Trainee: 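Can you keep this structure in mind? I'll have questions shortly.
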Amino acid sequence: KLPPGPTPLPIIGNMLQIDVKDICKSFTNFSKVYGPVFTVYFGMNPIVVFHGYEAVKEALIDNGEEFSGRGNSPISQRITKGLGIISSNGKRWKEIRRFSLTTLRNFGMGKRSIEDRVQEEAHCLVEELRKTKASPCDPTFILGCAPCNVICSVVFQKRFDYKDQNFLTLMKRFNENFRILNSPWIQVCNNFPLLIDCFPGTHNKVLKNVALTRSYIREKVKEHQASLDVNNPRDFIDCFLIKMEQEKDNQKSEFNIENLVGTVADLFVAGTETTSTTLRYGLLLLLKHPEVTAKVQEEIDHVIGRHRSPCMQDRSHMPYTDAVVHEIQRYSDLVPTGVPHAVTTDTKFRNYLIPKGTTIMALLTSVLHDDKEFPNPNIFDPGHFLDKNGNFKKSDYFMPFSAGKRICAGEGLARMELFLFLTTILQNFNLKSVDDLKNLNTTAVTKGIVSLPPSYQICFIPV
Ligand code: HEM
Ligand SMILES: CCOC(=O)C1=C(C)NC(C)=C(C(=O)OC)[C@H]1c1cccc(Cl)c1Cl
Ligand SMILES: CCCCCCCCCCCCCCCC(=O)O
């Protein structure tokens, strides 16, 4: 007894009824007819959609174990092979994630904290921006280099110089693969596997980049193996290699070189383009809202000053900036459909029964835009996370990282990168628009797995 939904056509399901360019819009329209929980078919594949806070919470949190599975696809299994953290399930997922979470703690990988790595990067970032000489530029590239380098310093210990060719090509490959995987065409191909044959060049391009990135990570890990100091872990790779030694006797161990390469790649995949996009969107919203930027820079002046680089301790004394960062994530709505889940067993949800392995879609965007929790949800307003006295007001509806047992495995790092990159940038620069601010639109242009802000130019004027 699956939840009701639009009547599917024999082979293509409800595909012709949904806009592949803005699936969330189609799902939202369906919730107005069928309610908070409904079933749609993409080809022969059923997908139960959860719309609204009550439905999303009950699924991801109150029935967390049952809803902790990762909804997989033919393309995912072909790229990852079920290795790593993003696309794995069962025992492998639990072990790799548990380890990943503990080593991604601020001091979970040695004497050097993750925060110190992000601060060094925030510093290198402001220096690259100074080289633009306050002239108009598309910040896309420079803003993408920082989060990528953060992951690099987290897994390879040392960051790369921005001019390093190995860094440049490594970044271009992840960029190429991101663009292909962000296309509405992958939705069609995942549900109609035969159509993948209609894209030989793209298929080969993706496979090639994954192969090259794989061998690169493997060359890096071999370097770590021949210089490992068990008492002094330098990064993520050292920690994994140390765990592998402790599990050397057990042959049914998930901690092997195969899962290590996949996990490192996954951190890059899940942590580079997502943070980069939020950083771009953030600067766009700050550019468009001068009044908001001013109050943030004022709070920075008061709590941090002009002679010291910001740090995470400062966030506790900067409620407005915290509210701004939260509002940037709520408004930007990066992953509107969330990442697909799958129930681990036959699950009972209210008066419905969802069979094992069925794909789950918890609409994060429907929570982020709840019109009661956030009056006027389509307006960017830091007040949505501020109380009557200007203090930070937390929200149960703040789910940009999803919720439950599968919530973003790098949420702390993500929030840290956002707070630090934005405060360090605004401490050293003012944001100038080329044209009039009225002409600047902030509505997301594309919505296919990852919502992207419109293209824009900006001038970084040193304070
Ligand atoms: C502002 C940027 C980011 C946002 C909004 C974000 C969002 C999310 C979301 C919505 C998911 C899917 C959760 C689910 O399964 O329901 C996810 C998963 C994940 N995130 Fe992030 N993320 C970001 C950055 C990071 C960073 C910096 C890292 C790197 C350590 C990272 C690592 C992961 C991983 C490994 C997963 C998969 C977890 C699993 O399957 O168990 N993310 N993230
Ligand atoms: C930012 C790029 O993310 C991806 O390319 C994803 C992959 C490799 N796989 C799947 C299953 C994803 C998806 O369908 O998202 C809707 C993403 C992904 C994985 C983990 C975290 C995030 Cl935020 C994303 Cl977008
Ligand atoms: C080994 C992994 C194989 C993965 C194969 C994935 C195939 C995806 C095909 C996507 C086609 C994208 C077309 C984009 C068109 C455009 O906008 O220019």
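Sequence positions, counted from 1, serve as the residue numbers for this chain. Just follow the structure's listing: the first ligand is 1, and inside any ligand the first atom is 1. We read in the header that X-ray crystallography, 2.3 Å was used to get this structure. Keep in mind that the numbers below use all heavy atoms, side chains included, and drop hydrogens, waters and symmetry copies.
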Trainee: List the drug name given for ligand 2.
Mentor: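 The drug is felodipine.
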Trainee: So, counting contacts under 4.5 Å, which chain has the most with felodipine (ligand 2)? Name it the way UniProt does.
Mentor: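 It sits in most contact with Cytochrome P450 2C8.
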Trainee: Is felodipine (ligand 2) under 4.0 Å from a heavy atom in the side chain of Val335, in the backbone, in both, or in neither?
Mentor: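 Side chain only; the backbone of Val335 stays clear of felodipine (ligand 2).
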Trainee: Taking the non-hydrogen atoms of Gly71, is any one of them nearer than 4.0 angstrom to felodipine (ligand 2)?
Mentor: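 Not so, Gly71 does not reach felodipine (ligand 2).
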Trainee: Nearest to atom 25 (Cl) of felodipine (ligand 2), what protein heavy atom do you find, and at what distance?
Mentor: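 I find the closest protein heavy atom is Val450 CG2, 3.8 Å.
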Trainee: For atom 15 (O) of felodipine (ligand 2), what's the nearest protein heavy atom and its distance?
Mentor: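 Checking every protein heavy atom, the shortest distance to atom 15 (O) of felodipine (ligand 2) gives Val339 CG2, 3.6 Å.
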Trainee: To which residue and atom does the entry give felodipine (ligand 2) a covalent bond, if any?
Mentor: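 The covalent partner is absent; none is modeled.
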Trainee: Organism of origin for chain A, per the PDB?
Mentor: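 The entry lists the source of chain A as Homo sapiens.
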Trainee: Among protein heavy atoms, which sits nearest to atom 8 (C) of felodipine (ligand 2), and what does the distance come to when rounded to 0.1 Å?
Mentor: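 The closest one turns out to be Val269 CG1, 3.6 Å.
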Trainee: Among all protein heavy atoms in this structure, tell me which lies nearest to atom 19 (C) of felodipine (ligand 2), with the distance rounded to 0.1 Å.
Mentor: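 Answer for atom 19 (C) of felodipine (ligand 2): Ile86 CG2, 3.9 Å.
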